[PDB]
K.L.:
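Could you have a look at this structure, given as C-alpha coordinates, before my questions?
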Amino acid sequence: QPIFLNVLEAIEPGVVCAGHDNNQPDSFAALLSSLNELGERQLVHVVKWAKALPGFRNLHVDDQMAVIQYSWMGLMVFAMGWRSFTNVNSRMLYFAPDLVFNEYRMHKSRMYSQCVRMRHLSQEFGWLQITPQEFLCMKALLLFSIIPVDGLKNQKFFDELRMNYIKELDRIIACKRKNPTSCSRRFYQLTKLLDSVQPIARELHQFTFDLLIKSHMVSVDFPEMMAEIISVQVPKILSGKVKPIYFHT
Amino acid sequence: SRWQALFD
Ligand SMILES: C[C@]12CCC(=O)C[C@@H]1CC[C@@H]1[C@@H]2CC[C@]2(C)[C@@H](O)CC[C@@H]12
(Lines of atoms letter the chains of each structure in order from A and count residues from 1; the text may use other names and numbers.)
(Lines give C-alpha, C1' and ligand atoms only; values in the text may rest on other atoms or scores of the structure.)
Protein backbone atom coordinates (compact mmCIF):
# COMPACT_ATOMS: atom_id res chain seq x y z
CA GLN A 1 0.00 0.00 0.00
CA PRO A 2 1.38 3.43 -1.04
CA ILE A 3 1.21 5.00 2.42
CA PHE A 4 3.22 8.07 1.38
CA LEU A 5 0.97 8.88 -1.59
CA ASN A 6 -2.14 8.24 0.51
CA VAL A 7 -0.94 11.01 2.81
CA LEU A 8 -0.01 13.47 0.05
CA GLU A 9 -3.37 13.05 -1.71
CA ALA A 10 -5.25 13.31 1.57
CA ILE A 11 -3.63 16.57 2.69
CA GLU A 12 -3.62 18.34 -0.69
CA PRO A 13 -5.19 21.82 -0.24
CA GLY A 14 -8.54 22.59 -1.82
CA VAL A 15 -9.75 25.64 -3.75
CA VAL A 16 -8.76 29.07 -2.48
CA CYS A 17 -10.39 32.25 -3.74
CA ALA A 18 -8.58 35.57 -3.92
CA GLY A 19 -11.71 37.62 -3.22
CA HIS A 20 -11.04 39.78 -6.27
CA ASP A 21 -13.72 42.25 -7.40
CA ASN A 22 -14.00 41.24 -11.05
CA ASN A 23 -16.36 44.20 -11.55
CA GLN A 24 -13.77 46.93 -11.21
CA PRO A 25 -11.16 47.74 -13.91
CA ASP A 26 -7.96 45.73 -14.33
CA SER A 27 -5.59 48.17 -12.67
CA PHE A 28 -2.09 47.40 -11.41
CA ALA A 29 -3.14 48.38 -7.88
CA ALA A 30 -6.23 46.16 -7.88
CA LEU A 31 -4.62 43.15 -9.54
CA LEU A 32 -1.59 43.17 -7.25
CA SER A 33 -3.59 43.88 -4.10
CA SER A 34 -5.74 40.83 -4.86
CA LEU A 35 -2.67 38.70 -5.66
CA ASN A 36 -1.30 39.73 -2.25
CA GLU A 37 -4.52 38.73 -0.51
CA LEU A 38 -4.50 35.39 -2.34
CA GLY A 39 -0.97 34.82 -1.12
CA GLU A 40 -1.98 35.61 2.46
CA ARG A 41 -4.83 33.12 2.14
CA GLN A 42 -2.73 30.41 0.50
CA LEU A 43 -0.06 30.94 3.13
CA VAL A 44 -2.54 29.62 5.70
CA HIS A 45 -3.11 26.45 3.66
CA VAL A 46 0.60 25.94 3.00
CA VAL A 47 1.35 26.02 6.72
CA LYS A 48 -1.37 23.47 7.58
CA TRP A 49 -0.36 21.31 4.60
CA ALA A 50 3.35 21.29 5.54
CA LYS A 51 2.78 20.44 9.21
CA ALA A 52 0.80 17.37 8.10
CA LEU A 53 3.56 16.06 5.81
CA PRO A 54 5.34 12.82 6.74
CA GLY A 55 8.26 13.59 9.06
CA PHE A 56 7.93 17.40 8.95
CA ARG A 57 7.32 17.68 12.69
CA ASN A 58 10.68 16.05 13.32
CA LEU A 59 12.28 19.32 12.20
CA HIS A 60 13.11 21.89 14.87
CA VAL A 61 10.17 24.28 15.21
CA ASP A 62 12.37 27.15 14.02
CA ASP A 63 13.49 25.18 10.96
CA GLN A 64 9.86 24.33 10.26
CA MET A 65 9.05 28.05 10.10
CA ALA A 66 12.17 28.74 8.08
CA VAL A 67 11.64 26.28 5.19
CA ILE A 68 8.04 27.42 4.83
CA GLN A 69 9.07 31.09 4.84
CA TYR A 70 11.67 30.52 2.11
CA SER A 71 9.85 28.06 -0.13
CA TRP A 72 6.28 29.37 -0.24
CA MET A 73 6.75 31.32 -3.48
CA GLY A 74 7.94 28.27 -5.41
CA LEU A 75 5.33 26.04 -3.78
CA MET A 76 2.49 28.37 -4.75
CA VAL A 77 3.74 29.02 -8.30
CA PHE A 78 4.13 25.26 -8.93
CA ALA A 79 0.59 24.50 -7.70
CA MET A 80 -0.72 27.44 -9.71
CA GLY A 81 0.96 26.01 -12.81
CA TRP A 82 -0.78 22.72 -12.16
CA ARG A 83 -4.16 24.47 -11.74
CA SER A 84 -3.67 26.38 -14.98
CA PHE A 85 -2.73 23.19 -16.83
CA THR A 86 -5.71 21.20 -15.56
CA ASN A 87 -8.22 24.08 -15.83
CA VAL A 88 -7.51 26.40 -18.75
CA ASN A 89 -5.03 23.98 -20.31
CA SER A 90 -2.18 26.37 -19.47
CA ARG A 91 -3.59 29.00 -21.84
CA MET A 92 -4.23 31.42 -18.99
CA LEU A 93 -2.86 31.70 -15.46
CA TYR A 94 -5.35 30.20 -13.05
CA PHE A 95 -4.29 31.91 -9.82
CA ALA A 96 -7.74 31.37 -8.27
CA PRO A 97 -11.28 30.69 -9.56
CA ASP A 98 -12.00 34.41 -9.20
CA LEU A 99 -8.61 35.65 -10.44
CA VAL A 100 -7.70 34.25 -13.86
CA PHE A 101 -5.12 36.14 -15.87
CA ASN A 102 -5.50 36.71 -19.60
CA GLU A 103 -2.92 38.59 -21.69
CA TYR A 104 -4.43 41.96 -20.80
CA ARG A 105 -4.03 41.33 -17.07
CA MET A 106 -0.52 39.94 -17.60
CA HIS A 107 0.37 43.34 -19.04
CA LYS A 108 -1.60 45.38 -16.47
CA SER A 109 0.09 43.61 -13.54
CA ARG A 110 3.44 44.82 -14.91
CA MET A 111 4.83 41.30 -14.61
CA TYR A 112 4.22 39.99 -18.10
CA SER A 113 7.66 38.42 -18.54
CA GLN A 114 7.27 36.61 -15.23
CA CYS A 115 3.79 35.45 -16.23
CA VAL A 116 5.17 34.11 -19.51
CA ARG A 117 7.66 31.97 -17.59
CA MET A 118 4.90 30.71 -15.30
CA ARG A 119 2.85 29.81 -18.38
CA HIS A 120 5.86 27.85 -19.72
CA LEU A 121 6.10 25.97 -16.42
CA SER A 122 2.40 25.24 -16.66
CA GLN A 123 2.78 23.89 -20.20
CA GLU A 124 5.57 21.56 -19.09
CA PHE A 125 3.03 19.58 -17.06
CA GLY A 126 1.34 18.93 -20.38
CA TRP A 127 4.47 18.45 -22.48
CA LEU A 128 5.90 15.92 -20.00
CA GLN A 129 2.61 14.22 -19.15
CA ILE A 130 3.22 14.71 -15.43
CA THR A 131 0.87 12.48 -13.44
CA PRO A 132 -1.02 13.69 -10.33
CA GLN A 133 1.24 11.45 -8.22
CA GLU A 134 4.40 12.91 -9.72
CA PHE A 135 3.03 16.40 -9.22
CA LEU A 136 2.33 15.72 -5.53
CA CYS A 137 5.76 14.23 -4.78
CA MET A 138 7.52 17.01 -6.66
CA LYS A 139 5.56 19.68 -4.80
CA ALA A 140 6.42 18.10 -1.45
CA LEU A 141 10.08 18.15 -2.50
CA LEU A 142 9.89 21.90 -3.31
CA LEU A 143 9.31 22.57 0.40
CA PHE A 144 12.78 21.12 1.04
CA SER A 145 14.55 22.93 -1.78
CA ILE A 146 15.74 26.22 -0.25
CA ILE A 147 17.79 26.76 2.92
CA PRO A 148 20.26 29.21 4.52
CA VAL A 149 23.87 28.72 3.42
CA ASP A 150 24.83 28.70 7.11
CA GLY A 151 22.48 25.75 7.57
CA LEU A 152 19.40 25.08 9.69
CA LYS A 153 19.15 24.42 13.45
CA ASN A 154 19.11 20.67 12.86
CA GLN A 155 20.50 20.48 9.34
CA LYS A 156 21.13 16.75 9.72
CA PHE A 157 17.49 15.83 10.05
CA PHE A 158 16.54 18.22 7.26
CA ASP A 159 19.04 16.36 5.08
CA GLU A 160 17.53 12.97 5.97
CA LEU A 161 14.01 14.22 5.33
CA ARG A 162 14.94 15.72 1.95
CA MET A 163 16.68 12.48 1.00
CA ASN A 164 13.55 10.50 1.86
CA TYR A 165 11.34 12.69 -0.31
CA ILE A 166 13.76 12.22 -3.21
CA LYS A 167 13.53 8.46 -2.63
CA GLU A 168 9.73 8.68 -2.72
CA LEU A 169 9.78 10.56 -6.05
CA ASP A 170 12.18 8.01 -7.54
CA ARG A 171 9.88 5.28 -6.19
CA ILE A 172 6.81 6.85 -7.81
CA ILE A 173 8.65 6.91 -11.12
CA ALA A 174 9.78 3.28 -10.79
CA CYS A 175 6.40 2.13 -9.46
CA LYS A 176 5.11 2.71 -13.00
CA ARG A 177 8.12 1.68 -15.10
CA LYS A 178 10.17 -1.47 -15.67
CA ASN A 179 12.89 -0.11 -17.96
CA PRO A 180 15.95 1.54 -16.32
CA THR A 181 16.57 3.94 -19.20
CA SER A 182 12.97 5.12 -18.97
CA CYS A 183 13.11 5.57 -15.19
CA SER A 184 16.48 7.30 -15.46
CA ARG A 185 15.18 9.49 -18.28
CA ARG A 186 12.07 10.44 -16.30
CA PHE A 187 13.98 11.22 -13.10
CA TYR A 188 16.18 13.48 -15.20
CA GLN A 189 13.21 15.31 -16.72
CA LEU A 190 11.46 15.82 -13.37
CA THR A 191 14.55 17.04 -11.48
CA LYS A 192 15.11 19.44 -14.38
CA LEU A 193 11.51 20.66 -14.04
CA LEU A 194 11.93 21.18 -10.27
CA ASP A 195 15.13 23.18 -10.86
CA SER A 196 13.34 25.42 -13.37
CA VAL A 197 10.95 26.55 -10.61
CA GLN A 198 13.71 28.37 -8.70
CA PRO A 199 14.65 30.98 -11.33
CA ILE A 200 10.97 31.91 -11.63
CA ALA A 201 10.49 32.13 -7.86
CA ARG A 202 13.60 34.32 -7.75
CA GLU A 203 12.16 36.84 -10.20
CA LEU A 204 8.92 36.99 -8.24
CA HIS A 205 10.90 37.42 -5.01
CA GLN A 206 12.71 40.42 -6.47
CA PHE A 207 9.50 41.82 -7.93
CA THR A 208 7.44 41.56 -4.74
CA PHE A 209 10.27 42.98 -2.63
CA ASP A 210 10.59 46.05 -4.85
CA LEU A 211 6.81 46.39 -4.86
CA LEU A 212 6.66 46.28 -1.06
CA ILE A 213 9.21 49.08 -0.72
CA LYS A 214 7.03 51.47 -2.72
CA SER A 215 3.63 49.89 -2.18
CA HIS A 216 2.39 53.11 -0.57
CA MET A 217 3.20 55.06 -3.75
CA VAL A 218 1.40 52.71 -6.15
CA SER A 219 -1.60 51.96 -3.93
CA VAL A 220 -0.87 48.25 -3.47
CA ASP A 221 -1.98 46.69 -0.19
CA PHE A 222 0.17 43.99 1.41
CA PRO A 223 -1.47 41.75 4.06
CA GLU A 224 0.21 41.28 7.45
CA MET A 225 1.96 37.91 7.06
CA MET A 226 3.02 38.69 3.49
CA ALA A 227 4.49 42.06 4.54
CA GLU A 228 6.43 40.47 7.40
CA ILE A 229 7.86 37.59 5.38
CA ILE A 230 8.73 39.78 2.39
CA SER A 231 10.65 42.33 4.48
CA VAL A 232 12.38 39.83 6.78
CA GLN A 233 12.82 36.51 4.96
CA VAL A 234 12.81 37.45 1.26
CA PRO A 235 15.76 39.88 1.64
CA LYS A 236 17.81 37.00 3.03
CA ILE A 237 17.25 35.17 -0.26
CA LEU A 238 17.94 38.22 -2.43
CA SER A 239 21.13 39.02 -0.45
CA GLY A 240 22.46 35.48 -0.88
CA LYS A 241 22.08 34.25 2.71
CA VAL A 242 19.44 31.73 1.63
CA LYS A 243 19.86 29.69 -1.55
CA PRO A 244 17.94 27.08 -3.55
CA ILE A 245 19.16 23.49 -3.70
CA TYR A 246 19.51 22.59 -7.39
CA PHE A 247 19.80 19.00 -8.59
CA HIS A 248 21.81 20.00 -11.65
CA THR A 249 24.67 22.49 -11.93
CA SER B 1 1.48 38.34 14.56
CA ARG B 2 -0.85 36.06 12.63
CA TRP B 3 2.22 34.11 11.54
CA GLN B 4 3.38 32.96 14.95
CA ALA B 5 -0.25 32.25 15.83
CA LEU B 6 -0.33 30.03 12.74
CA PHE B 7 2.32 27.72 14.22
CA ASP B 8 1.25 28.14 17.81
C1 LIG C 1 2.24 33.56 -4.87
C2 LIG C 1 1.09 34.22 -5.73
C3 LIG C 1 -0.29 33.87 -5.10
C4 LIG C 1 -0.65 32.38 -5.05
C5 LIG C 1 -0.48 31.85 -6.51
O6 LIG C 1 -1.42 31.26 -7.02
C7 LIG C 1 0.82 32.14 -7.20
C8 LIG C 1 1.12 33.66 -7.24
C9 LIG C 1 2.47 34.01 -7.95
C10 LIG C 1 2.67 35.53 -7.96
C11 LIG C 1 2.67 36.15 -6.52
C12 LIG C 1 1.33 35.78 -5.79
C13 LIG C 1 1.34 36.43 -4.36
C14 LIG C 1 1.59 37.94 -4.30
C15 LIG C 1 2.83 38.37 -5.11
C16 LIG C 1 4.12 37.97 -4.28
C17 LIG C 1 2.93 39.81 -5.61
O18 LIG C 1 3.37 40.73 -4.61
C19 LIG C 1 3.96 39.78 -6.78
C20 LIG C 1 4.06 38.29 -7.20
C21 LIG C 1 2.80 37.69 -6.54
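Convention: sequence-line order gives letters A, B, ...; per-chain numbering from 1. Looking at the header, which is where the method is noted, we find X-ray crystallography, 2.0 Å. Atoms within a ligand are numbered from 1 in the order they appear, just like the ligands themselves.
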K.L.:
I'm looking at ligand 1, any idea what drug that is?
P.N.:
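That would be dihydrotestosterone.
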K.L.:
Identify the macromolecule bound to dihydrotestosterone in this structure with the most contacts, using its name in UniProt.
P.N.:
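By the greatest number of contacts, it's Androgen receptor.
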K.L.:
Using a heavy-atom cut-off of 4.0 Å, which other chains touch dihydrotestosterone?
P.N.:
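Chains with a heavy atom that near dihydrotestosterone: A.
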K.L.:
Counting only non-hydrogen atoms of the protein, does one fall under 4.0 Å from atom 21 (C) of dihydrotestosterone?
P.N.:
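No; the ligand atom in question lacks any protein heavy-atom contact below 4.0 Å.
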K.L.:
Would you say A:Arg83 and dihydrotestosterone have an N/O pair spaced under 3.5 Å apart?
P.N.:
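Indeed, backbone or side chain, A:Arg83 has an N or O that close.
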K.L.:
Which is it for A:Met73 and dihydrotestosterone at heavy atoms under 4.0 Å: side chain, backbone, both or neither?
P.N.:
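Only the side chain of A:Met73 comes within reach of dihydrotestosterone.
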K.L.:
Which of the UniProt-annotated residues for 17beta-hydroxy-5alpha-androstan-3-one binding in chain A lie within 4.0 Å of dihydrotestosterone, counting only non-hydrogen atoms?
P.N.:
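By heavy-atom distance, the UniProt-listed hits: A:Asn36, A:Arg83, A:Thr208.
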K.L.:
Atom 2 (C) of dihydrotestosterone: protein heavy atom closer than 4.0 Å?
P.N.:
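Answer no: nothing from the protein, no heavy atom, is under 4.0 Å.
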K.L.:
Report the UniProt domain in chain A that accounts for most contacts with dihydrotestosterone.
P.N.:
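The UniProt domain in question is NR LBD.
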K.L.:
Which other-chain residues or nucleotides lie under 4.0 Å from dihydrotestosterone, by heavy-atom distance only?
P.N.:
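Residues with a heavy atom in range: A:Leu32, A:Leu35, A:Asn36, A:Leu38, A:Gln42, A:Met73, A:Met76, A:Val77, A:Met80, A:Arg83, A:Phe95, A:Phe207, A:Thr208, A:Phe222.
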